[PDB]
Amino acid sequence: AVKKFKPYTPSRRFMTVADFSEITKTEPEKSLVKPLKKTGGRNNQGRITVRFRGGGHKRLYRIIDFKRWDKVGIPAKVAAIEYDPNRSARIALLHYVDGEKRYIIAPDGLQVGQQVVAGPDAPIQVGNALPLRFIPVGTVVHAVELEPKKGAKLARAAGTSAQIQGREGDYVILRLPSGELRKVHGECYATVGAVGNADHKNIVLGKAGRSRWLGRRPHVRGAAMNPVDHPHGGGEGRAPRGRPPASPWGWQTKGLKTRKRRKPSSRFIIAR
Amino acid sequence: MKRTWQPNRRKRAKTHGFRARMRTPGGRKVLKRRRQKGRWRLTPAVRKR
RNA sequence: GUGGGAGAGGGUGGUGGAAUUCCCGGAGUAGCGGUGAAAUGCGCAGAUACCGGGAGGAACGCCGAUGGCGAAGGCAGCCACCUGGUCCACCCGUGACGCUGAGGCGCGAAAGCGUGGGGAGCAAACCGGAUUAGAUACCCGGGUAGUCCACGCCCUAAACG
RNA sequence: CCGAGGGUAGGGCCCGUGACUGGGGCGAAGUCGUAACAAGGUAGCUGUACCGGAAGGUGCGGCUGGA
RNA sequence: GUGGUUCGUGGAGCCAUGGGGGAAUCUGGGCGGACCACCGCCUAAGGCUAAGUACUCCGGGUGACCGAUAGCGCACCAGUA
RNA sequence: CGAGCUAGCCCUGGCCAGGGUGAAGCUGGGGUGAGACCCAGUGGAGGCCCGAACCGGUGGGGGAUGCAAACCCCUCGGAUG
RNA sequence: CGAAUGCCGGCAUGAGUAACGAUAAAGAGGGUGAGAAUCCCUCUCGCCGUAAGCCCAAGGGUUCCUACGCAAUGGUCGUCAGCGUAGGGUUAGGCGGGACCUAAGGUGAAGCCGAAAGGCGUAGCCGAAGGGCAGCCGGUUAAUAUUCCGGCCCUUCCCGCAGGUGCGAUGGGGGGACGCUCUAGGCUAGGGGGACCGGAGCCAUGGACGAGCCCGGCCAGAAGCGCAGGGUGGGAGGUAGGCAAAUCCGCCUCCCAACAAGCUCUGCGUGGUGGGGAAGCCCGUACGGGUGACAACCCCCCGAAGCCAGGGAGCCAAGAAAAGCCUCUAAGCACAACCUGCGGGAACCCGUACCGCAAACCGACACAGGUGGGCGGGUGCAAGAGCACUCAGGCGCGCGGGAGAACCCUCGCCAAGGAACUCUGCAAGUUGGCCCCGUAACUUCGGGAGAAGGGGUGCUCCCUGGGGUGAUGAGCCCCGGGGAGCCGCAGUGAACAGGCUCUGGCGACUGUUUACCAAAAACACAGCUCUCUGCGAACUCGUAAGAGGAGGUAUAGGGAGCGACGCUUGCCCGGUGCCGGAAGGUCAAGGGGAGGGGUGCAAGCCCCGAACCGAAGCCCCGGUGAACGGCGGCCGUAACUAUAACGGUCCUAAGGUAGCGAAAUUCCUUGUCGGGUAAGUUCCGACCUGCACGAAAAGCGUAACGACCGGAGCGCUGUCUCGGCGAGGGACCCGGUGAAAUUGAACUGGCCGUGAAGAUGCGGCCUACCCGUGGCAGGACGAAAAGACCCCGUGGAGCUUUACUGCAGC
RNA sequence: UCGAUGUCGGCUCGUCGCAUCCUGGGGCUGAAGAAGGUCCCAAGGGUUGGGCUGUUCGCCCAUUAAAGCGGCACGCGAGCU
RNA sequence: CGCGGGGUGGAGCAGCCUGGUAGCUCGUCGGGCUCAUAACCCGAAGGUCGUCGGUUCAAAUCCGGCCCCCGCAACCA
Ligand SMILES: NC[C@@H]1O[C@H](O[C@H]2[C@@H](O)[C@H](O[C@@H]3[C@@H](O)[C@H](N)C[C@H](N)[C@H]3O[C@H]3O[C@H](CO)[C@@H](O)[C@H](O)[C@H]3N)O[C@@H]2CO)[C@H](N)[C@@H](O)[C@@H]1O
Ligand SMILES: [Mg+2]
Ligand SMILES: [Mg+2]
Ligand SMILES: [Mg+2]
Ligand SMILES: [Mg+2]
Ligand SMILES: [Mg+2]
Ligand SMILES: [Mg+2]
Ligand SMILES: [Mg+2]
Ligand SMILES: [Mg+2]
Ligand SMILES: [Mg+2]
Ligand SMILES: [Mg+2]
Ligand SMILES: [Mg+2]
Ligand SMILES: [Mg+2]
Ligand SMILES: [Mg+2]
Ligand SMILES: [Mg+2]
Ligand SMILES: [Mg+2]
Ligand SMILES: [Mg+2]
Ligand SMILES: [Mg+2]
Ligand SMILES: [Mg+2]
Ligand SMILES: [Mg+2]
Ligand SMILES: [Mg+2]
Ligand SMILES: [Mg+2]
Ligand SMILES: [Mg+2]
Ligand SMILES: [Mg+2]
Ligand SMILES: [Mg+2]
Ligand SMILES: [Mg+2]
Ligand SMILES: [Mg+2]
Ligand SMILES: [Mg+2]
Ligand SMILES: [Mg+2]
Ligand SMILES: [Mg+2]
Ligand SMILES: [Mg+2]
Ligand SMILES: [Mg+2]
Ligand SMILES: [Mg+2]
Ligand SMILES: [Mg+2]
Ligand SMILES: [Mg+2]
Ligand SMILES: [Mg+2]
Ligand SMILES: [Mg+2]
Ligand SMILES: [Mg+2]
Ligand SMILES: [Mg+2]
Ligand SMILES: [Mg+2]
Ligand SMILES: [Mg+2]
Ligand SMILES: [Mg+2]
Ligand SMILES: [Mg+2]
Ligand SMILES: [Mg+2]
Ligand SMILES: [Mg+2]
Ligand SMILES: [Mg+2]
Ligand SMILES: [Mg+2]
Ligand SMILES: [Mg+2]
Ligand SMILES: [Mg+2]
Ligand SMILES: [Mg+2]
Ligand SMILES: [Mg+2]
Ligand SMILES: [Mg+2]
Ligand SMILES: [Mg+2]
Ligand SMILES: [Mg+2]
Ligand SMILES: [Mg+2]
Ligand SMILES: [Mg+2]
Ligand SMILES: [Mg+2]
Ligand SMILES: [Mg+2]
Ligand SMILES: [Mg+2]
Ligand SMILES: [Mg+2]
Ligand SMILES: [Mg+2]
Ligand SMILES: [Mg+2]
Ligand SMILES: [Mg+2]
Ligand SMILES: [Mg+2]
Ligand SMILES: [Mg+2]
Ligand SMILES: [Mg+2]
Ligand SMILES: [Mg+2]
Ligand SMILES: [Mg+2]
Ligand SMILES: [Mg+2]
Ligand SMILES: [Mg+2]
Ligand SMILES: [Mg+2]
Ligand SMILES: [Mg+2]
Ligand SMILES: [Mg+2]
Ligand SMILES: [Mg+2]
Ligand SMILES: [Mg+2]
Ligand SMILES: [Mg+2]
Ligand SMILES: [Mg+2]
Ligand SMILES: [Mg+2]
Ligand SMILES: [Mg+2]
Ligand SMILES: [Mg+2]
Ligand SMILES: [Mg+2]
Ligand SMILES: [Mg+2]
Ligand SMILES: [Mg+2]
Ligand SMILES: [Mg+2]
Ligand SMILES: [Mg+2]
Ligand SMILES: [Mg+2]
Ligand SMILES: [Mg+2]
Ligand SMILES: [Mg+2]
Ligand SMILES: [Mg+2]
Ligand SMILES: [Mg+2]
Ligand SMILES: [Mg+2]
Ligand SMILES: [Mg+2]
Ligand SMILES: [Mg+2]
Ligand SMILES: [Mg+2]
Ligand SMILES: [Mg+2]
Ligand SMILES: [Mg+2]
Ligand SMILES: [Mg+2]
Ligand SMILES: [Mg+2]
Ligand SMILES: [Mg+2]
Ligand SMILES: [Mg+2]
Ligand SMILES: [Mg+2]
Ligand SMILES: [Mg+2]
Ligand SMILES: [Mg+2]
Ligand SMILES: [Mg+2]
Ligand SMILES: [Mg+2]
Ligand SMILES: [Mg+2]
Ligand SMILES: [Mg+2]
Ligand SMILES: [Mg+2]
Ligand SMILES: [Mg+2]
Ligand SMILES: [Mg+2]
Ligand SMILES: [Mg+2]
Ligand SMILES: [Mg+2]
Ligand SMILES: [Mg+2]
Ligand SMILES: [Mg+2]
Ligand SMILES: [Mg+2]
Ligand SMILES: [Mg+2]
Ligand SMILES: [Mg+2]
Ligand SMILES: [Mg+2]
Ligand SMILES: [Mg+2]
Ligand SMILES: [Mg+2]
Ligand SMILES: [Mg+2]
Ligand SMILES: [Mg+2]
Ligand SMILES: [Mg+2]
Ligand SMILES: [Mg+2]
Ligand SMILES: [Mg+2]
Ligand SMILES: [Mg+2]
Ligand SMILES: [Mg+2]
Ligand SMILES: [Mg+2]
Ligand SMILES: [Mg+2]
Ligand SMILES: [Mg+2]
Ligand SMILES: [Mg+2]
Ligand SMILES: [Mg+2]
Ligand SMILES: [Mg+2]
Ligand SMILES: [Mg+2]
Ligand SMILES: [Mg+2]
């Protein structure tokens, strides 16, 4: 839906906030299962190695369930859907009859009170997790494992999915959010449905501060700098570059393919 | 204005203390040099309890 | 009211094959395309033509009409749901409740605009090749918006009987 | 107190004027090309859209005021 | 592929050797500056080994060495203020 | 040897008088087939406004072997981010 | 030794010169003393008072208190001192820190890595104004006290007795436990008032013996209560989860509760007892002591940002950990143990003085600078921590005295004129708070807006209306309205408190930057686009391990550019880059040996070595511009001339479209018209011959925004005509302390010559008794800095690339 | 003169040369008068206010008896800007 | 002033560097087609190569000096 504001201030006239109506009466989270201390820090042991990180709201990590094959066969009741500061998506709090409480990343269409479960069994319904094999060709799916028993790694961003395209002996072909065509092992779990919160892309930050709230420090142009700092630094009053556009570290930034050629992963990929 | 000396006992101790110098080869040599020199004070005297 | 009927009438969801285009495999050799005739162009880096496989998008051949439905714009494969109009028989209830309609309000092809999606063919703009005195055209080979969908706008027509 | 009117200040309509600029009317024998009327030598008209010295062309849908 | 040696790729051995290949046990092996013949010299891939030599914190002797702006930075409670 | 100045990030605490304007949203009324929407009233949003502390350093003057190796007077910006 | 702007030292000159560190301010009397403007005391005066006053923390470390001292330290003086000598002074189970816990970070057995030295590194450990934790109020010291003493009150521990219970962990679970903004109720702190209660005294100078003036009317406190509030559901079955176990927690399932009823927990009120208790006056202290007092110790009001606190409500950016604590069991033990009540005994270590917005910390100084947290009284201005004055409290800023010139700083005022000043209204003025009328273009519909422009503002009396708190009334308190009337030049009567418009440029906007000359139109920014990346991601740091990315997964992450928003971003792929091309050309090592040489008597051993096989890169074929970049010359032509829609030709990879255009871009230039002016190299509108705009180094627009830059007008003034007076601080004169750069020596005149070409110093002439003091600044090519430009030096550095040459990387 | 001679314009203060802009004295004039033209003596004193530009200069505005030229380190920054 | 690029029939361009021959396009002229014109067709003429000079057997061509044309530069002060 997206919340919109009137221009009672500049920067309030474009600004735009998510709709939280799917956030069920459960705004503060769940101890026990999560949260952990989350360790803010824009850099490695010592030095900054990703520029322009820092500031922005304190967070608690929700330790979510990315391998659903523990509770094969054990169903769970979806108890709530809550805000997760550390991902684009929303998260489902679910209660297993087992007693155990996990969070699943919350798919589009998930309703509270719903039944959900994981395993070879598993009715093909939104929320359920299955090894890729038993899932019908053509159904859209998410939180897909890359290699079996290694955890969900594909399609967890808000409003993303992959679609099952066909099969090939032990592998089923996937079409990933990027549009790539991937052979992913049959035995990999993946949960049916799309991610949801799909209006995430429609949000307009609206002002500088908002950027900072999310811990995004000001990014400065190479043009703004000096020859010591950047290939684009200097010279006089503005300058068009004077070389093929580059990163600060000298590599070209328009076109230069960067995936290494001899990756053994290659023989499992069929697209862009 | 604000000058450059902003005394802090803890800082002076953690920074220039006998135990800091002892911790690394760089520092151990400092004690060696100061000893051979005949320095009355190997490290700065940080006070208080 | 009671009981019936025809229909491409509207919306949402689902789905079938034919064909074009692209990728992959086989087999295959020196031209294919195109026109008034040509050339740009495609092709020994293996094209065209044929076989098999996959991908995707749009439009539904036959039925089809000089036909049907809608108040218009319009509406065509197939299935279900939701839903408007309407005709017929019976003469069953109401009992003049009737007709039109300034404003208002909704509807409103195509093209166009917004944000997002999609993009197979086609195709303004654009680029080439011919024709011309020139040709910012007709023809030719390319090709972007767009044509497609969700939602929001736009509100015009030889919206013509 | 009211009060003709004078003063300051700001708005409303109207008229005149303005370098310059837009398209328009009319002005016997100036240039350019041929769009339309015969199938007008690409049927024409049309709403919209882009492009073009110019009529104009083209895309999409529509009309018969054409086959 | 390199270092070492007077040796800087040179005709470049010898001695060390990171990488690949990879033997023999005296009729065995290495060397004598590419190489080959001959004639000779040693016996690799285990280790230990005084003395003659270097130094001068420390003690002593001596100076065609200084003598308080010299001589150590310091003759003096100096690596002090 | 230095981040006890300074530049950023991390962890933990603290500070921001007093006024202004009055978004959404509720609530009632109006409207309609249901709407949209329009009214009040309430409500208390905002790198919003005025203005201290506080963070600045705009303009001028003074100071220039200074009170000061950046200072003082008048003036100005921000002040819930 | 004579010069090295030489080194070290001593002593000169400037010079009794400038200065003596905030313009908050002083005077007098008395003491002491060898000696007083400066030390004590008293009176009078002035200054702070959201401090210039008290309380912390940091830092300092003897600076505290006392006796005796004045050579030095003090910008003078000093009998004084933060100075010199000596002596005394800091008392804790309850405050802070440690024998408690964890954060980032550090450290680090296991493990991994590294020529070495070392680098990572989960468990654990360390790490604090964060979590946990039991003291309130008064008294005494010259100097310490939540530390001593008094009263009232707790906390662990250990051994007992008494009663209860399955007790039991570094293990399970629960809790601790968490944002911002706005907030309700009940209180406390603090504050105002009182005819009431308590008090020494007081009638002054015309009046007042009066609900007269003045001072004061509290503090702490266990239990039990009382009020306000915070917390919490209780049963029973089933139980496969919480990494062993569980009666716990979680998940089902039924009944009871839906309430704070009941349980506990806080805060506040009351509380046995305990304590304080003014002005005044008299004392001798430097200071504190008695007296008032047997003090009184009472009602009303305002009232927090503080308490109840884990309160509530809304929002999006989504808001530490661990222990203490409760509980669940496990081994083990159940003569143990643990809980509860009572008794006795045990309770260590360090800090504790004083300064603490400053003369004791940071700035070489007793420095006008810097320095975190708490309290910060009253009255008035709408409010407030603002401003004026003033409590408490603390100062008069460690040279004075006179004078009353220039000149300077700071201030005040001015006739007539009001921008003529000037590079600019630079500066200074005007304006200024509140309430009430009243407001344009434009616009994104918010705004523009405090647009503009206006009026009201005091005090007196009358009538009158809501609340608050009290009972529905009294008062005390907060807001209103109506009506008469008084006074002054003037009513936010002092202080705090916009000058207003119009039109261009640039940038959207709040924001950010050259600490110490630039705050901008530069940076950033939301947003747009391109491009990389499928996850052991790309990218970055490190040789590595490893870490970031990210405990993220294409709606995500990196790099570039552009920079809200609207309308838009044309054409060129020839060159360069980037991408895509199982062909071909070229291509190193290695594979390959046709073939030739060296030895040898030969077997052999040793070299050269052509075919062909050999990758990526290049070459070549394609594509690609929100990738690097680029986007023409000439000649003619219309029935007035002028001009050229039209044509010819050369060349290109293609020859600038739209939209702007003498511009932040225009040389010729003050282009040319037009407007503003009496007058306009600037400004505003246009034409276009664009030296040399132009479409994401974006193009043309844009409301709002700005200590940005330009032009204009109104309002107002010492900016100016054009000055003048007046104030304070200096300047000057006297007493005191008393520097500086500079300095070849000096007995240091003008003109005209001359001289290395600008003479006090040489020539001739001219003038000129010796020495000072306040002033001006022409000269000594004055001082200051081995010129910052320039050039030289085969001098140095930062920077770029299709300079060379390497190297990391791929 | 580079071990430094501050460099444009303005401002304040001046002062000098005259090849004189004004005023005084003249000769010739194609000098009727008035007003000019032009030349010769002569510097004693004078030699305005604004608009635009950093401007010097210049161009305008309104006046004037006139709106003089040039030197003094394009005089003058230990005097200002 | 310095720098280097051009002057070729009526117009716009070749030609030179490797001297010996001036060619393409358009336009002009005659002929055709048409009712006529333009388009088209068939034929045809037109250049002292800016101007002085030598270099040579011979200069558009190579070299100097002027003549106009075009484009560059003119910097630290
Ligand atoms: N009245 C005509 C209107 O204007 C236009 O027409 C205008 C022009 O097109 C037209 O120009 C014509 C030209 O077309 C034609 N081929 C040649 C002619 N000599 C011109 O003529 C013009 O100029 C001449 C002399 O000055 C006059 O005498 C005459 O009246 C005038 N029409 O002159 C007209 C104005 O007078 C539109 N084409 C027409 O549709 C419109 O309705
Ligand atoms: Mg936790
Ligand atoms: Mg470290
Ligand atoms: Mg940027
Ligand atoms: Mg820069
Ligand atoms: Mg570089
Ligand atoms: Mg670079
Ligand atoms: Mg530039
Ligand atoms: Mg550059
Ligand atoms: Mg009937
Ligand atoms: Mg009836
Ligand atoms: Mg009708
Ligand atoms: Mg359409
Ligand atoms: Mg978008
Ligand atoms: Mg096509
Ligand atoms: Mg034709
Ligand atoms: Mg086509
Ligand atoms: Mg429509
Ligand atoms: Mg029809
Ligand atoms: Mg008009
Ligand atoms: Mg006209
Ligand atoms: Mg036509
Ligand atoms: Mg025609
Ligand atoms: Mg036609
Ligand atoms: Mg059309
Ligand atoms: Mg076209
Ligand atoms: Mg060597
Ligand atoms: Mg050998
Ligand atoms: Mg030998
Ligand atoms: Mg030997
Ligand atoms: Mg030995
Ligand atoms: Mg000595
Ligand atoms: Mg001696
Ligand atoms: Mg509302
Ligand atoms: Mg508010
Ligand atoms: Mg604000
Ligand atoms: Mg500044
Ligand atoms: Mg403010
Ligand atoms: Mg000498
Ligand atoms: Mg000397
Ligand atoms: Mg000396
Ligand atoms: Mg003197
Ligand atoms: Mg003097
Ligand atoms: Mg003096
Ligand atoms: Mg003083
Ligand atoms: Mg004495
Ligand atoms: Mg005062
Ligand atoms: Mg002492
Ligand atoms: Mg003392
Ligand atoms: Mg004494
Ligand atoms: Mg003294
Ligand atoms: Mg002093
Ligand atoms: Mg003392
Ligand atoms: Mg102990
Ligand atoms: Mg500890
Ligand atoms: Mg610990
Ligand atoms: Mg840790
Ligand atoms: Mg370590
Ligand atoms: Mg603590
Ligand atoms: Mg404690
Ligand atoms: Mg004390
Ligand atoms: Mg138990
Ligand atoms: Mg526990
Ligand atoms: Mg626990
Ligand atoms: Mg009396
Ligand atoms: Mg009490
Ligand atoms: Mg268990
Ligand atoms: Mg007393
Ligand atoms: Mg709360
Ligand atoms: Mg622990
Ligand atoms: Mg103490
Ligand atoms: Mg104390
Ligand atoms: Mg303080
Ligand atoms: Mg002092
Ligand atoms: Mg001080
Ligand atoms: Mg401060
Ligand atoms: Mg006020
Ligand atoms: Mg207060
Ligand atoms: Mg104040
Ligand atoms: Mg005046
Ligand atoms: Mg006046
Ligand atoms: Mg005036
Ligand atoms: Mg002026
Ligand atoms: Mg002037
Ligand atoms: Mg101005
Ligand atoms: Mg001003
Ligand atoms: Mg302006
Ligand atoms: Mg502006
Ligand atoms: Mg800005
Ligand atoms: Mg700053
Ligand atoms: Mg600066
Ligand atoms: Mg600013
Ligand atoms: Mg690192
Ligand atoms: Mg990693
Ligand atoms: Mg991580
Ligand atoms: Mg990105
Ligand atoms: Mg930019
Ligand atoms: Mg920019
Ligand atoms: Mg821009
Ligand atoms: Mg472009
Ligand atoms: Mg190109
Ligand atoms: Mg290319
Ligand atoms: Mg290409
Ligand atoms: Mg390539
Ligand atoms: Mg190759
Ligand atoms: Mg122009
Ligand atoms: Mg330009
Ligand atoms: Mg003016
Ligand atoms: Mg003008
Ligand atoms: Mg003009
Ligand atoms: Mg530009
Ligand atoms: Mg560009
Ligand atoms: Mg700003
Ligand atoms: Mg004055
Ligand atoms: Mg005075
Ligand atoms: Mg004196
Ligand atoms: Mg003399
Ligand atoms: Mg001379
Ligand atoms: Mg002499
Ligand atoms: Mg002389
Ligand atoms: Mg002088
Ligand atoms: Mg001088
Ligand atoms: Mg000098
Ligand atoms: Mg020099
Ligand atoms: Mg050289
Ligand atoms: Mg010089
Ligand atoms: Mg000198
Ligand atoms: Mg004369
Ligand atoms: Mg005369
Ligand atoms: Mg003069
Ligand atoms: Mg000049
Ligand atoms: Mg000169
Ligand atoms: Mg001068
Ligand atoms: Mg100066
Ligand atoms: Mg220079």
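Here is how names work: the chains are called A, B, and so on, in the same order as the sequence lines, proteins then strands, and each is numbered from 1. Contacts are counted only within the shown part of the entry, which is not the complete deposit. What's counted below: heavy atoms across the whole structure, side chains too, no hydrogens, waters or symmetry copies. Numbering of ligands and ligand atoms starts at 1, following listing order.
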message = Trying to sort this out: of vaniprevir, asunaprevir, entrectinib, paromomycin, which one is at ligand 1?
response = paromomycin
query = Which bound partner of paromomycin is the main one by contact count, according to the PDB entry?
reply = 16S rRNA
ask   = Which chains, by letter, have non-hydrogen atoms under 4.0 Å from some atom of paromomycin?
value = D
inquiry  = Just wondering, where does the PDB say RNA chain D originated?
reply    = Thermus thermophilus HB8
